[PDB]
Colleague: 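One structure is given below, represented as C-alpha cells, and several questions about it will come after.
Going by the PDB entry, the residues shown for chain A are 14-100, 107-419, 423-490, listed in order. Worth knowing before you read on, the calculation uses all heavy atoms, side chains too, and leaves out hydrogens, waters and symmetry mates. Ligands are counted one by one from 1 in listed order, and the atoms in each one are counted from 1 as well. The way this entry was determined, per its header, is electron microscopy, 3.5 Å.
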Amino acid sequence: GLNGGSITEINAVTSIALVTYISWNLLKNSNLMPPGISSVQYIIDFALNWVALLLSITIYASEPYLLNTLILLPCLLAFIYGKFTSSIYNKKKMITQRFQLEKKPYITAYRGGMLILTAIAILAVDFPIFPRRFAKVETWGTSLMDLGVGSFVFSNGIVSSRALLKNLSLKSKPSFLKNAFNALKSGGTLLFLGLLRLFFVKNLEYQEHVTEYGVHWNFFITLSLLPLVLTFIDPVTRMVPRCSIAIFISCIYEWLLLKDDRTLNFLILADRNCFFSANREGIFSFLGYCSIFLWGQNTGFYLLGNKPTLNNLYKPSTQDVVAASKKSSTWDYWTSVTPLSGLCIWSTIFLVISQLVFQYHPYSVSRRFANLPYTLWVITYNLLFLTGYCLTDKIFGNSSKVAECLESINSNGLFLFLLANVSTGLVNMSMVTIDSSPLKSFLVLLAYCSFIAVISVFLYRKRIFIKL
Ligand SMILES: Nc1ncccc1-c1cc(Cc2ccc(COc3ccccn3)cc2)no1
C-alpha cells in the first residue's frame, strides 16, 4: 500500500483534464484552424486528449505544474492572433417552451475524461514508470486509485436523475412492481457479468484479494443492487427529502462504528467461517455507496434540467417560478436556483462541513469501510470539478459538439471498457512487465492507446452502437 500520498498532489495531477479542455476551446475559437476537417484536426485532438494525460500520469508526475503551462500558454497566444486577423436568445421563447430534458457538453466532457483516465491507469499500474505512491492503500490512507469508484457512483446517480425526472413528467404514475421490473432489467447485465467474473475466478484460481471485497462480493454486484434498494426506499423519500435520508444513514453508520471498539475489532480480526463472516467488507461498505449514490442523484436533480423550476434545489418539480415571482417570498426566491448558483452553494456548504469533520476526526479515511470522511472528500472534489467545468462552459458562451474523442468514448463506454480489460490481460500474458526499461514501456503504452482510439473512432463513425 505504501501509505499513499497527499491530496494536493492528486489535485495537481488531475487538473490536466480541465487545462486541456480550456486549451482546446481556445484553439477552436482562435479561427486559424482551417474550416474543413482533415488529418490536422485528428492529430491535434489525439495529442491533446490521449498523449497529455499519459505524459501527466507517468513521465511528468514529478513536476505537473510546468506541464500545464506548456499546454496553456502557447495556445492562448494563437488565440490572440485570430482576434487580430479579423478587422440569439429570447425570453419569450423560454416562456412559451415547456419543460424538456436537454443534453449538456460539460457532462459529456466529464464522463469522457473520467473514462480515458481509468482506461489509461488500468494498464499503467503494472509498469515501473508508474509511480508507486499512486497504488491503492491497504487499510488507512489516500491514493489516486481510490477515487475511481466514488466518481462512477456519483456519475451513475446523476444520470439516473434524468430517468426520475422523465418518469415524474408522465401524467400516470407507474406501478411499483413495474418500477422493480425496470430496475431488474437495468441491473441484469451487470449481475450476469458479475456471475461470469465469479466463475472465471473459480476457473483461474488466481491470487488472493480477500481484503479488497471479500470471498464472493464484487463491485458489479453492488452496482447492480443499488437501484433495487433505491426503489424500495422511494416511498419514504416521498414524505421527506432524499438529503435527510442520506444524512440519517451516514450518521447511524458513523455512530455504530465510533461508539465502541469491539465493532472494529470484529470487522478487522474475525475468522472466516460462515457466509456473513466471509463477505463483511462489501456489506458494510454498501451503506457508504448508497449514501454517495443518493447525494449524486440530489446534485444532478437541478443540473439535468433545461430551465429553472420551483424548488429544484432539493425536489423534482416541473412548474414555473415567474408566476410565483409576482409575490415571491424569501424562501421561494432563495431555493429556486439556476445550476451555477446551486453548485456554488452546495460546494461552500460541503467545503465547510468537510473541513470541520477532518479537523475533529480521530481516525483516517478508508476505502474498505467507506466511512464518513471518504464520502465527504469524494463529494467535495467532484463538486469542485463540476463547478469548474460549468464555469468554463458559461464563460466560453457555447450553449443550446465537444472534441471527437470525448463523444466517441462517451457513446460506447461499457464495450470499450471491456475491450480495454481484455487488451490489458492479453498484453500482460504477452511479456514480462517488470523487466521492461522505461522507453519500451512508453512505446507499448503509446501503441495500446493508439489502437484503442482507432477502434473507438471507427465504431462511432459508422454509427454502430453496441450495448452489453
Ligand atoms: N482503477 C479504477 N478501478 C475501478 C474504477 C475506477 C478506477 C480509476 C479510474 C481512475 C482515473 C480517474 C478518474 C476520475 C477521477 C476524478 O474524476 C475526474 C473528473 C473529470 C476529470 C478528471 N477526473 C480521477 C481519476 N483512477 O482509478
Colleague: Can you remind me what the drug at ligand 1 is called?
Modeller: manogepix
Colleague: Find the chain in most contact with manogepix and give its name from UniProt.
Modeller: GPI-anchored wall transfer protein 1
Colleague: For manogepix, which UniProt-numbered transmembrane segments of chain A (counting from the N terminus) have a heavy atom within less than 4.0 Å?
Modeller: 1, 4, 5, 11
